[PDB]
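In what follows, a single structure is set out as structure tokens and then discussed.
By the PDB entry numbering, chain A shows 32-388, in order. Counting starts at 1 for both ligands and their atoms, following the listed order.
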Amino acid sequence: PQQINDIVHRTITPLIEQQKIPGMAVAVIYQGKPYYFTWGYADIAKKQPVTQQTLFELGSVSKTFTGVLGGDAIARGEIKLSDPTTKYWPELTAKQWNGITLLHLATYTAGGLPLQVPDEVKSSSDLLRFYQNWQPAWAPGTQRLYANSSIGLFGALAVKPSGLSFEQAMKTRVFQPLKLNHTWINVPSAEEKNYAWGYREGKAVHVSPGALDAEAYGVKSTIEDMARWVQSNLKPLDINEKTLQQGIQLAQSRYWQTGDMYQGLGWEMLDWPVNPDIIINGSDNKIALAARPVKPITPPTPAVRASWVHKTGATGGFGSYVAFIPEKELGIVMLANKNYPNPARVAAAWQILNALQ
Ligand SMILES: *C(=O)/C=C/N[C@@H](C(=O)O)[C@](C)(Cn1ccnn1)[SH](=O)=O
């Protein structure tokens, strides 16, 4: 009702002004049904406003789709996170890849894979040389270092038993079954009219191509489809497809623990209620991008409902954030065309959701 429109206005409006966000779209999920809000422009020079059909670069929020697609493949019996990486890429005959499993790739625990794939890596033979010549800093399953090269390789290998490409597998197994008809890995030409421009220090920019970009940060979506993406993760039991339903639960399963944070397949969870300063300060890159020791969780804790599930994402000129609480049936999406600091995103999201709790 009006309780939602009040808390969103008194929270996002100061956030937009303090961060000088050119355009923003927010979706609040309350008791299943979503509520949408828009501000600012999708194109500054053309003065095109932000609509419910405006495309935003999700950035690293794409990893949530990759983890769900990975869990879906686990439910189909095509892969196991315990399987060696070499089972799906035999040409990776390097000695350091002994014992590195798909779980180590998916949860950034392979031993120190770099944050980003190098810029010069473009062909599949370039990917091979990059992973063959990579030297780990720690043993498998000991240190967690957030890395696009880690989970990005997991997504490309998880779809090999299906025979489909990563783009086609994400379409026919995740996007289409959830009716995400406006979420694309590659934006079609007829949909570029809704493709908003990102802004990095005034200049309009889009995400540039890169190796394993679709698996790590290359997905774009609208505020309507992202809200439906939260409904699916809030209530996986409402999905008819069995493997996709189980894949969403496997993504929210707890495989590693660092402090009070649990690592899933793309998603990151903390027990609810949460100390807000932990998720706010923990979202800063000095903490989130740093290496941290992990403790295994065997067996992986099934999807705990009383949890705070969240994921930040950013590109050159975009800054997205998603957070939901399955027990309260509460969720929020924050899509902005500016890469403003992560702590401002989690602070505004917790204030909105705790008032609706
Ligand atoms: C997760 O949120 C990843 C974000 N990546 C962004 C960024 O850090 O802004 C990019 C994709 C970094 N990157 C990886 C490979 N090449 N660039 S953006 O800056 O290109």
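The PDB lists the drug found at ligand 1 under the name tazobactam (bound form). Measured by close contacts, the chief partner of tazobactam (bound form) is listed under the PDB entry as Beta-lactamase.
The model ties tazobactam (bound form) to the chain through a covalent bond at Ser91 OG. The set of residues with a heavy atom less than 4.0 Å from tazobactam (bound form) is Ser91, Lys94, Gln147, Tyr177, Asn179, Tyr248, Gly344, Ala345, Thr346, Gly347.
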